[PDB]
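Shown here: cetuximab bound to N-ACETYL-L-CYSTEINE, Cyclic amidated, acetylated linked meditope.
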Amino acid sequence: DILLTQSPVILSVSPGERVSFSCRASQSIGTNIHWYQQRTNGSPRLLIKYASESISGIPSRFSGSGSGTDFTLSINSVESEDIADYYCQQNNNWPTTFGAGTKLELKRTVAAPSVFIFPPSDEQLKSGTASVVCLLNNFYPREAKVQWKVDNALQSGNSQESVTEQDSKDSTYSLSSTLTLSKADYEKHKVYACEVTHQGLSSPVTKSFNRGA
Amino acid sequence: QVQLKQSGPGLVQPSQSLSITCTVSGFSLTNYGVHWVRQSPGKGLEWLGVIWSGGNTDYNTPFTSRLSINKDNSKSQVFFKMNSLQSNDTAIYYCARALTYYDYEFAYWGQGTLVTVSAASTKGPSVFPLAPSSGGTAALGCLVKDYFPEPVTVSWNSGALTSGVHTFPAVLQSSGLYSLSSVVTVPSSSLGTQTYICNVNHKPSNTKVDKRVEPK
Amino acid sequence: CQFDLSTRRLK
Ligand SMILES: *[C@@H]1O[C@H](CO)[C@@H](O)[C@H](O)[C@H]1NC(C)=O
């Protein structure tokens, strides 16, 4: 099998800049290489066929070049909707094989998160479990700290985070922090606060509620 | 135009078989061959096989022993069956079509079928509201909890509400069940006049829930 | 980088 090595594994550029993807074959394959794009939750999208040939419906800012073993996919003016992974595929030798892909991340101005806190619903409490969700919305960059405190006790190990992939429109991330208690432990306390630290905040933002009022 | 639609995602027990149906339109299975590609965490994109216009099949070498592709030209359906699955066969399976009848540049793809190889049980999710309570912008959402396996789809107001929606990637809890939240930001003034429903559908369990999210 | 079945993106 032809081994296709794509480098680097991560690319990070700014809008309007030009970017290049490399895909190298373990032996000569002529120009028998194809390029695909995969957005979040998407299927592959054919961008270039046979090193350089255009595909219908693909924006003109996508192009390709190369021959032999060294091939390059290029975007001459990156837009926010170009956040995806990009793969190469060879079909000069059976069976056809794909590369491992390159991730395209986009830089942008710092944006502070908007923070919201949600108590557990009375519907969930009927099942003996309490979920306290802390939402960090539309921020950049991805680095963020969430600190849970129940009656000034530091929570640790009883929460889970989830970060969306980069938004195709404004390049921001959103983060959910879910603190999980038993209904017994949730009813034995009063003050629930998530403290958020981010580069775009001059000092940590704390959202809190008292169970009831 | 040209479309490929695959059967729903589901669980498969270890050492048991997998069956996916690819129904095509916009072209005839007598004029084009249909390929099958999978995408796993370990091996990435992996070409599996193809059934040609004339009915012949080629299988990639490590799968010639447990792969079987068939079709029905009249019903425009391609049938994929792989035997004796193990945990590392857990992947997204696609059906795809090339630009030309003989080639391998894949211009049209199916939406993908996430197959989970596991001995666990299929379990539908509970849906709990994330009720609103910053500068005239309110945040609300839904808690989709304790389901298995992935995936689960979440829309808002039957697709009419997409602006400001964030459905977070699912996380695996210590119980072995997944959980996620889907949130959206709306104007505070619309909380009185507009209804906000999250449409949750966990196809592996045939669990379909619509949750109305109100201020408490 | 590893492919993520939940997001269909590389992680
Ligand atoms: C699955 O494991 C087998 C060993 O039984 C290995 O040969 C194969 O490459 C693996 N496939 C993956 C990781 O997709």
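By convention here, the chains are lettered A, B, ... following the listed order of sequence lines. Numbering of chain A is taken from the PDB entry, so the residues present carry the numbers 1-213, in order. Chain B is numbered as in the PDB entry, which gives 1-133, 138-220 for the residues shown. Chain C is numbered as in the PDB entry; the shown residues are, in order, 1-11. Worth knowing before you read on, the calculation uses all heavy atoms, side chains too, and leaves out hydrogens, waters and symmetry mates.
The ligands or chains that make up cetuximab in this structure: chains A and B.
Among the chains of cetuximab, the one with the most heavy-atom pairs under 4.5 Å with chain C is chain A.
The binding site of cetuximab, defined by non-hydrogen atoms within 4.5 Å, is formed by C:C1, C:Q2, C:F3, C:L5, C:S6, C:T7, C:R8, C:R9, C:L10, C:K11.
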